[PDB]
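Below, a PDB structure including ethambutol.
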Amino acid sequence: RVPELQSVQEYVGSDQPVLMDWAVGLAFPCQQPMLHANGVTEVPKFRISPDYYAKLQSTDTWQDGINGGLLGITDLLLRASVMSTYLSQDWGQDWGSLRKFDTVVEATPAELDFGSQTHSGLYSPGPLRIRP
Amino acid sequence: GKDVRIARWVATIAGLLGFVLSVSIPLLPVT
Amino acid sequence: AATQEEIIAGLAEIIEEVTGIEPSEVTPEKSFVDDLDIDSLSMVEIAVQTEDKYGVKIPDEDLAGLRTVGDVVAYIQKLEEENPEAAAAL
Amino acid sequence: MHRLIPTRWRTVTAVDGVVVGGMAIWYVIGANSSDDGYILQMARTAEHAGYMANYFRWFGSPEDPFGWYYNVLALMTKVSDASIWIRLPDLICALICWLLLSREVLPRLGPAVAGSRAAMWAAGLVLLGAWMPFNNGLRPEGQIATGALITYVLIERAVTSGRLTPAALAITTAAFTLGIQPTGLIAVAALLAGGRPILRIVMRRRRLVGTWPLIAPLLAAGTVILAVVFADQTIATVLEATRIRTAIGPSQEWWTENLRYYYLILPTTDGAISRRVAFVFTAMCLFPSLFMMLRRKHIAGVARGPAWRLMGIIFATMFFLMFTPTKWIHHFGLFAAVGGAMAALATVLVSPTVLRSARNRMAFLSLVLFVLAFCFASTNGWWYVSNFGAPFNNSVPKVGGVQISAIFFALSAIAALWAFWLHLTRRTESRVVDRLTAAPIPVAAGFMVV
Amino acid sequence: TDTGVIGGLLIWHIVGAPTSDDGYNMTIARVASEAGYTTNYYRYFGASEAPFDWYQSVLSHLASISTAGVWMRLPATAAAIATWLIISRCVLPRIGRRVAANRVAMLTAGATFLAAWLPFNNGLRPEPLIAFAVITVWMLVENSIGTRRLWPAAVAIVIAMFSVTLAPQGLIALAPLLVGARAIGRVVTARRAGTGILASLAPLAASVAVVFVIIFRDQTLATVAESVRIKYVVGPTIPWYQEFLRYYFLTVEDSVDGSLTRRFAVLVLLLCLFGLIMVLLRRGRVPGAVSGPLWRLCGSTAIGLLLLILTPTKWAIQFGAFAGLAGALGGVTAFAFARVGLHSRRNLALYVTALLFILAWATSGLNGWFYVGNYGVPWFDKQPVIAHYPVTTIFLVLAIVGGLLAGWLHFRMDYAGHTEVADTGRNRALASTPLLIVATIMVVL
Ligand SMILES: CC(C)(COP(=O)(O)O)[C@@H](O)C(=O)NCCC(=O)NCCS
Ligand SMILES: CC[C@@H](CO)NCCN[C@@H](CC)CO
């Protein structure tokens, strides 16, 4: 196969939300992260990761669904698929990997009715759900 | 009538209340 | 009146505590900045530790006019011979 | 005060240009830390989120008391988030540490440390070698090192002038640099090391004004970071997030301290050729200097107090490095300034005018070659993208067949045999040892920097 | 003290856990009769134990009388008894006459010897013999330096060459020779006018030339070379720069290899060594003990610890070769600190808080011994607790309290002035019982 290629800054713009692992942050300063507000998070479209031996044992275990993480949502909501990527002029080098997120069912965001309440610095509604 | 007698009070007052006000910040209503 | 060889012997034990210069270098013809490299930020400490042992307040009005050890011994001599109120009670 | 910029500041040497211009270009072409993307993503979302959350882990729980420094990067990211702009407080801090280390700490150790050029070269080169591989990213180690240096400088100024105001600002500085990260406990070591000459001031000035006018400001100064730590958060949410982080995240109880040194002796990317200098060039200069200050008590150019307080601070830092919830190697960047200040004292202590016998200087040369051999026994890899194009990025260096650590080990063995031969025959006036043992630490540090 | 040590060392011969290498050496001894040579049974393609097999040759002759473990471990108890008798009657009366007459120094020496010997040397390993060779070379070098003669220094080299051939870690027996080489040369040069320098250095090389008879008594050179090559290209070895891996193996959580007893045995040795060195540097001497042999006793331990970098294997059980030096160092340390802590109230607090921190670090491990020696041991799977609190934190808070007390005592020599404490029958009673109390507690445990 003689592939036809395209840049990442051009394919992935600077508007779509992207799930970047905690290692790839300074190499991609133009992509927009997956913001969150009021306890609800956005839905990402791509996932950027480091190379194989780093992603396998440092970032896939740190951001795990069972210890908070961020890969607990995208395994329940989306499906990931690898894409073919090459580092220009330095073939044979492992730069990382890019992935594509496909929805399982077609759904649109909610509306989240709001309100306010004044606590007293010692109030606690109860513990969080951590482990079984 | 000497300013050392005034500084001696300005150092104890506003140095004790500035310390009892800092331990109450973690305990104060928030919205 | 305090002898010169005890004034110098009392100043050397402070110079050796502040900076670390051996008391065999403190002679009455040594400058405080050229021969003995003692910046004035150490002269302030010497003038503080002087008062903290023998009550003597050397004001910064006069702490600049001391360029040699002879100047120090002359200053101490003149101030102790002028004022007869030298307690010298430990 | 009769002026600012005292007359011992206004001096220029050849070490200042080297350090400044070797840091201002490592800021451009040099490597970065590992937790740079982690902090960048934490800071780029903290304004939409509203509470400076931990983005990647722990169910969206914030930085519990340790978050006042990231709120500055959250403000910086409004201009731009380029790698060359978001990393300025790591160059400003480096310049400040060099200024302080060169014009406040070295002249304080006596007229023999501030009169030798080899000591200045050693201090500069060790500062560079300890700053390069650790404090060029976004991890807040350079800031904590600068805070712990400012605290020491202020306490020494209080001891010198005989006042309590610098000793009062030092408490606020230590509190604020502790409020950055849990590893900021290295700053109260500077307060413990200087407690005796501050009690000597309090108990002396309290017989003129009293006790409370001197104690209450010292309490208001210490208890003021609570108004910055608990500005947005609350004690209940802090307790909840701490419960989460303790029940889930790496806890690393205090008796697991040896992991930090077990990770250093492995031939991996975490512990590499460049990531061992910051610790070896500190221990190798700290221990023999301690054993030499124990026996000798008059070195004719060194002040005893300021020289003992530095070793006390270094040992208290090595002690306080326990009790931290995480045992990483990145926590070795805290020694950037104290190792540079200890190398300048070791260079004077092991000089041919202080160590007068040839066999002791030969043994120290052997030890230097041994620690060099230990340094060069790993790979030359950097973390994520600084590793692109490195010479020996995934293998132990070799000059052809034989490694480079083996050559240094052979040289060290030869030096040890020479020292033993000088020991047997009771010789103290060798002449080529005088040539070989003049400032070995500056050379061994410049080698690693180059 | 001799009765107590020998009793506690004879009742440990029966109710005592064996080591990890007691089934290995026993099988090697049982199968080496046939096969023509001392084969490595479980590894290395049938390679031989070529340089290090003079002890298996003796174990192969003992194993032909009875294979009972109470009879095969008999050469490892005579070594312990001889080591203790030497430490008690040749070493302590040599350092000083007043250090051996002290009734607390001897007790703490015995307790420290027991506490450093029991967790390590109760098997078919060569460490019980290396620990005896070290302390029998030290006394011979001391007998040669004083009472000027050369044949003791010639028998010491033969004993050291026998020790080097036991195991790679057995080269630490050369340390008491390297440390005393200068005094032995001073003794040699006093004969240049009478006899010469050849008639005094030829018999000293004839002693070093015994390893070539010990090693190559059954095999050739090209066979030992092939054995070493196989063991280096096959087996697990670690380089010289990963030497801290030993001290990491000693202090690791959830391991029956670093226990709360081995940790104590090693940390007390390190404390005693680095306290004696600091007292000898700070103060010019230790009054009551001769400072001549004391410097050599400290240098022997230092050089022995430094020589352990060249060994190929760096397990944590190899620290059992210092059980002869630990017993002689604990007594002299408790004697030297008895005066340093009697005329100053803060040195005593520093000593006590150092002991308490050592206890806190040691007690954070399990109390396991091995495969079978764990049946019934109380804390063999969890770290010790009293009722529900971890006992590794009580000691830490007590050590921090002691450190604060020492700091407070340091902050008062400017106001209360230098105060003479006392010298009575009680003020000398609490200044020397530390390191005896905790050692007795560990031995009883
Ligand atoms: C201490 C002293 C009176 C004497 O110093 P000098 O004689 O060298 O000018 C003078 O230098 C001074 O007042 N310095 C205060 C300025 C200072 O310490 N730092 C300036 C900002 S860091
Ligand atoms: C396994 C990754 C580790 C560093 O190696 N992450 C460290 C966590 N970083 C902290 C911020 C610097 C979190 O608040």
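Chain A is the first sequence line, chain B the second, and so forth, proteins listed ahead of strands; every chain is numbered from 1. Basis for what follows: all heavy atoms, side chains included, without hydrogens, waters or symmetry-related copies. Just so you know, ligand 1 is whichever comes first in the structure, and atom 1 is the first atom listed for that ligand. The displayed model is a subset of the deposited entry, and contacts were enumerated within the subset.
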- [ ] Identify all ligands or chains assigned to ethambutol.
- [x]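 Counting every copy, ligand 2.
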TODO: Determine the main partner chain of ethambutol by heavy-atom contacts under 4.5 Å and name it as in the PDB entry.
DONE: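 The chief chain, as the PDB entry names it, is Integral membrane indolylacetylinositol arabinosyltransferase EmbB.
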Task: Chains under 4.0 Å from ethambutol (heavy-atom) - done: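 Those reaching under 4.0 Å with a heavy atom: A, D.
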Open item on the list: Quick one: what's in the binding site of ethambutol at 4.0 Å, using heavy-atom distances?
Closed with: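 With heavy atoms under 4.0 Å, it is A:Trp22, A:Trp62, D:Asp35, D:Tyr38, D:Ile39, D:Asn54, D:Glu63, D:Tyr70, D:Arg139, D:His330.
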